Trainee: 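Here it is, the structure, as structure tokens.
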Amino acid sequence: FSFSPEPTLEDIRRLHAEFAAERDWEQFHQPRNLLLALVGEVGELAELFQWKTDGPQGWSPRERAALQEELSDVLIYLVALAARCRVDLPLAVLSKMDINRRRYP
Amino acid sequence: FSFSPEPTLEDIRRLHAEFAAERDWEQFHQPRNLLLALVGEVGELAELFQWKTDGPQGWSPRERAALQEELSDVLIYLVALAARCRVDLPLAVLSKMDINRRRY
Amino acid sequence: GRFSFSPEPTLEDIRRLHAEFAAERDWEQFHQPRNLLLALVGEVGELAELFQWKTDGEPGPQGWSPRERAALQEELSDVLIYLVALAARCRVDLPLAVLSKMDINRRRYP
Amino acid sequence: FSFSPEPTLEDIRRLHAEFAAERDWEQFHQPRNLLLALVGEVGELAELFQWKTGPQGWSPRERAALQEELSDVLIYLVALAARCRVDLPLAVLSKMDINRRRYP
Ligand SMILES: CC(C)[C@]12O[C@H]1[C@@H]1O[C@]13[C@]1(O[C@H]1C[C@H]1C4=C(CC[C@@]13C)C(=O)OC4)[C@@H]2O
Ligand SMILES: CC(C)[C@]12O[C@H]1[C@@H]1O[C@]13[C@]1(O[C@H]1C[C@H]1C4=C(CC[C@@]13C)C(=O)OC4)[C@@H]2O
Ligand SMILES: CC(C)[C@]12O[C@H]1[C@@H]1O[C@]13[C@]1(O[C@H]1C[C@H]1C4=C(CC[C@@]13C)C(=O)OC4)[C@@H]2O
Ligand SMILES: CC(C)[C@]12O[C@H]1[C@@H]1O[C@]13[C@]1(O[C@H]1C[C@H]1C4=C(CC[C@@]13C)C(=O)OC4)[C@@H]2O
Ligand SMILES: [Mg+2]
Ligand SMILES: [Mg+2]
Ligand SMILES: [Mg+2]
Ligand SMILES: [Mg+2]
């Protein structure tokens, strides 16, 4: 299994910044607003799993549709938040992976 | 302001699965474990912000170090979760954005 | 006078009420700890959705719209119900655990 | 299994309000501050469970952590309800009525 090669994280940051700036929403995207929107989307992701004990690759296409959306909503707000904080998220993830290799040899 | 072009979401998925297999951690990466690890990291992000009543850009280097690392972990667990579910996260994001444009 | 909670239901009352609600529907079989935990997370997220675009500033939640206030009451209530259920399902005596946490907090912040 | 009869929710609110007043902390207890701190405590609870594909069979130290994090979540939920002037025990009764109509 693997992801498609695109959109990348930068693609996602650009599409969302453009989406938001065309609608004059950037004035609502203070960090703590985006962090709570993230929390709320993580909450909608959790509602999909809450009555489903470990035993999603076998869910129906329809309930995998709801899962794709909620995973996407989390990612979009996470990218918005990181960008609002001037954090280069793909490089931060390489720095974190490097730390993890050294901590767990 | 922008992000660097690499690693990609698929880059991240790969690095972390190899990292996890090499340590026989796959066995702990059932969907709901990864969902709850994601929740734990979002909480660590909230603890950074909880008493910042009403600017990350001009935060101290230690706080910016904490922010970068927690945002990274959220993204890693999110990618790993989506892979464990066999969801193509980049295309799903693109579908969602269309939904978002149709809704607004 | 100054603001107060009502005296009932207590935490034990809520545990009983919720257990009866589940028993009436045959739902206890779905109330494994990790199920209730993720249910709590979903409700915490619905609470966050009420506040996400609302910057802090008096008057605050007390000056919200009637339906916004109703949604706040229902969301705070939902978090509490699943917390009680989770604690009960883990065999945690929540009222006494609170007393014990308040002593921990007094030592940490003398 | 049952809960002890005390402290009630009103007891918890008073104890925490006096604890906060004594330390001059009520100035930091804006609603979104308390909400984010609640989110943080929920994350710590998530962490006790994340790698656990039963709580009663957990070690005494893990059960101690579980008691403490459940209690933290409850104190911040209480603090937030009060800061919002929500009579939390009565709201619960209304909520149970709502649930009975949603699920006849
Ligand atoms: C005032 C109230 C009726 C209100 O809820 C708020 C917010 O102002 C928004 C809202 O319109 C909705 C759509 C929101 C949206 C944002 C940014 C902010 C929102 C614009 C985002 O990130 O995605 C969705 C509505 O007017
Ligand atoms: C199968 C799927 C569409 C499903 O979602 C699940 C769960 O099985 C439930 C569900 O009916 C809904 C409502 C749920 C409910 C419970 C416990 C379990 C639920 C019964 C609870 O705690 O409050 C609400 C539906 O069948
Ligand atoms: C058994 C207990 C002491 C235990 O907590 C568990 C889990 O087994 C882990 C743990 O070792 C820690 C590190 C964990 C790690 C994971 C995946 C699973 C963990 C391996 C991950 O992706 O992030 C880091 C520890 O032994
Ligand atoms: C400035 C920073 C290092 C700072 O973190 C903030 C907050 O001001 C607090 C803090 O001191 C810690 C303890 C905090 C506390 C509160 C209320 C607010 C806190 C007082 C609460 O509810 O429980 C714990 C520190 O100065
Ligand atoms: Mg959503
Ligand atoms: Mg972390
Ligand atoms: Mg609800
Ligand atoms: Mg804690």
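Chains get letters A, B, ... in whatever order the sequence lines come in. Chain A is numbered as in the PDB entry, which gives 23-77, 81-130 for the residues shown. Residue numbering in chain B adheres to the PDB entry, whereby the residues present occupy positions 23-76, 80-129 in order. Following the PDB entry, chain C shows residues 21-130, kept in their order. Residues displayed in chain D correspond, in order, to the PDB entry positions 23-75, 80-130. Atoms considered below: every heavy atom in the structure, side chains included; atoms not considered: hydrogens, waters and symmetry mates. Each ligand, and each atom within it, is numbered from 1 in the order the structure gives.
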Trainee: List the drug name recorded for ligand 1.
Mentor: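 Its PDB name is triptolide.
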Trainee: Any idea which macromolecule triptolide (ligand 1) contacts most in this entry, and what UniProt calls it?
Mentor: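 Greatest contact count: dCTP pyrophosphatase 1.
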Trainee: Which residues, given by chain and number, touch triptolide (ligand 1) within 4.0 Å on a heavy-atom basis?
Mentor: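 The binding site of triptolide (ligand 1) (heavy atoms) is A:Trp47, A:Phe50, A:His51, A:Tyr102, B:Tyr129, C:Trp73.
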Trainee: What do you see: which UniProt substrate-binding residues in chain A have a non-hydrogen atom under 4.0 Å from triptolide (ligand 1), if any?
Mentor: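 In chain A, UniProt binders with a non-hydrogen atom that close: A:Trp47, A:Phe50, A:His51, A:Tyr102.
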Trainee: Please give the species listed in the entry for chain A.
Mentor: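 Source per PDB: Homo sapiens.
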Trainee: Is any heavy atom of the protein nearer than 4.0 Å to atom 10 (C) of triptolide (ligand 1)?
Mentor: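 False for atom 10 (C) of triptolide (ligand 1).
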Trainee: For atom 1 (C) of triptolide (ligand 1), state whether the nearest protein heavy atom is under 4.0 Å away.
Mentor: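 Given the 4.0 Å limit, the answer for atom 1 (C) of triptolide (ligand 1) is no, no protein heavy atom qualifies.
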Trainee: Quick one: nearest non-hydrogen protein atom to atom 20 (C) of triptolide (ligand 1), plus distance?
Mentor: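 That would be A:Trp47 NE1, 3.6 Å.
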Trainee: With the threshold set strictly below 4.0 angstrom, can you tell me whether any protein non-hydrogen atom sits that near atom 18 (C) of triptolide (ligand 1)?
Mentor: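 Within 4.0 Å of atom 18 (C) of triptolide (ligand 1), protein heavy atoms are found.
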Trainee: When you compare triptolide (ligand 1) with B:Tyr129, is there at least one nitrogen or oxygen pair between them that comes in under 3.5 angstrom?
Mentor: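 No, no N or O pair falls under 3.5 Å.
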Trainee: Within 4.0 Å of atom 26 (O) of triptolide (ligand 1) (strictly less), any protein heavy atom?
Mentor: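 Protein heavy atom within 4.0 Å of atom 26 (O) of triptolide (ligand 1): absent.
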Trainee: Identify the protein heavy atom lying closest to atom 14 (C) of triptolide (ligand 1), giving its residue, its atom name and the separation to 0.1 Å.
Mentor: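 Its nearest protein heavy-atom neighbour is C:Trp73 NE1, 3.8 Å.
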